[PDB]
Undergrad: 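Before I ask anything, let me first share the structure, which is written out below as structure tokens.
Chain A is the first sequence line, chain B the second, and so forth, proteins listed ahead of strands; every chain is numbered from 1. Both ligands and their constituent atoms are indexed starting at 1 by order of listing.
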Amino acid sequence: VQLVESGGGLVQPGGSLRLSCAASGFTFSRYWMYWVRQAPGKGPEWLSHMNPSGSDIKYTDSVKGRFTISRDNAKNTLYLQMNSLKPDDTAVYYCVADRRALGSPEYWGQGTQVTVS
Amino acid sequence: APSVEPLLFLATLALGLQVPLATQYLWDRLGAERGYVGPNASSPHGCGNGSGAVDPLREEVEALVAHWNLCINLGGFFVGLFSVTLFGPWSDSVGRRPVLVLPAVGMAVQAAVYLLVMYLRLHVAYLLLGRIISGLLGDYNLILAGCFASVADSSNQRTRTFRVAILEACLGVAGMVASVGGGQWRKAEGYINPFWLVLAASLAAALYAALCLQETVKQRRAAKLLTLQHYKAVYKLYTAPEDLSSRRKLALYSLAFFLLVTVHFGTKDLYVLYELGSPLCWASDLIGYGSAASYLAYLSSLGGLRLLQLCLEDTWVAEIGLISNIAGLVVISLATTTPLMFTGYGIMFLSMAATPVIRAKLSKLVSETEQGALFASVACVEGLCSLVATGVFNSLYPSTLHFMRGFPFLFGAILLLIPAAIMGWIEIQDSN
Ligand SMILES: Nc1nc(=O)c2c(CCc3ccc(C(=O)N[C@@H](CCC(=O)O)C(=O)O)cc3)c[nH]c2[nH]1
């Protein structure tokens, strides 16, 4: 199992960074998909999540109406576009993958660096 | 008409399918209420899962979920404590059937209340109301007491060990089906619809108990409820009667049973939560295999129990069962690799051959008309064991996690040095 992400980088404040989570090693049609970041010197800040279909999308009010999760199962990529980025956003964004159950493991991705400035 | 074994199967299927679903809903509601959109498990461990930094909000939601599970379990245990001790002694005086119909009805009502709470996304305090209502009618504990008494009323002295073993094998089979069916229905397109099976199972249990069960009390007198002689019927079971020094054996056996089932209950939880640790890191299927092999000891210890009885007495069989538990837990607590963990499951094949023996001997000591009282008290002890096991072991595991992972299993194995010594001392003392 491996999840690899590539959308980060040095983007200006207000840019439109678009992360991809090119997952494989498992089904990905039966897995919940999350997003999370570890801001500089701080802890995880879970952003969004989406049920195996694309119906149970939940956010956090810090990123409501500004982060737009998505997934495309025929390609096995999970997106999260970021409109109107802010300097408080810079972090290392990870891409988790859970079955939404207690006796199931979660598969943290490697996570890429977003350096908003 | 046939027998009582299907009742326990259907009633244990309810618990197995209910507890994970209930705590999953607790996670959902409590998390969403606090603006936390993340995984609904505890904090993970190892295998590149994050950075190690504490998740302050995830830990808060986890603590809240644990606190609410504690609250509902404790309330249920007190109402069950006050109810089963009144519904058991009466059962051995009016028949086992009514006292088996009532708790199945209570469990159906509880499942219906839980369903109504989930579909409406209601508060989580309302889950306490359902558990309290089911507790009044006698919880799952009263089902256990009624079934065990009903078996103990249809078997000789020289057969109660095997009959109780058969019943507990049905219990374990129901648990395995519940766990491995949850691992594929709860996980895949579940958490709401799989709870319909709980209501279906409880409705089936009530219907089978009422319209397809054959009572075992061959003479059912007429006795009033709310009598106070069903509470006095255990005080004058443990303290005054049985004067030929058969009063000490009751207390010692009860203590041994308490310790044994406490350890069993704690180690199951730590199994599921420890399989996916730092040096093991088990996949989703391997966890299902582990649960199946954990619950397959029920129906594989029965074969030995019946086979061992032909050569060793009914005590030493349980001594060997306790030795097998000790060996299995010791080799699991050192299982730093998956062949070692599966060997640890494998050694515990005579593992749950001891509990049947203990309760069977408890039954062989009381008179023929007091199995209701005896198994009411034993059911209360088992509920208290559930509570204490959960608390102690879930508090122990995080503490011995960066010091020596698996000390919960090691300490559980040190605990069973007491039941083995107790039972051996009793058996040695009878013969002299
Ligand atoms: N020997 C023996 N083996 C068993 O497997 C067993 C069982 C069913 C399995 C079981 C029962 C209670 C708990 C537990 O500790 N707590 C319950 C709470 C009950 C509730 O909330 O309704 C739980 O499953 O969480 C954990 C597991 C009932 N009685 C048993 N006796």
Undergrad: Which macromolecule makes the most contacts with ligand 1 here, by its name in UniProt?
TA: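 Most heavy-atom pairs belong to Proton-coupled folate transporter.
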Undergrad: Help me out, what's the drug found at ligand 1?
TA: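 PDB records name it pemetrexed.
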Undergrad: Any idea which other chains have a non-hydrogen atom closer than 4.0 Å to pemetrexed?
TA: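 Other chains in heavy-atom contact: B.
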Undergrad: Hey, could you tell me which residues sit within 4.0 Å of pemetrexed? Heavy atoms only, please.
TA: B:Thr12, B:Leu15, B:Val19, B:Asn73, B:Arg131, B:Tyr140, B:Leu144, B:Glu168, B:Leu171, B:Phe265, B:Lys268, B:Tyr298, B:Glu382, B:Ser386
Undergrad: Okay, what organism does the entry have down for chain B?
TA: Gallus gallus
Undergrad: Please list, by UniProt number from the N terminus, the transmembrane segments of chain B that put a heavy atom under 4.0 Å from pemetrexed.
TA: 1, 2, 4, 5, 7, 8, 11
Undergrad: Could you check which UniProt pemetrexed-binding residues of chain B come within less than 4.0 Å of pemetrexed, heavy atoms only?
TA: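 UniProt annotation plus heavy-atom distance gives B:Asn73, B:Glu168, B:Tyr298, B:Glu382, B:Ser386.
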Undergrad: Could you check which UniProt-annotated H(+) binders in chain B have any non-hydrogen atom under 4.0 Å from pemetrexed?
TA: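 Of the UniProt binders, a heavy atom is that close in B:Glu168.
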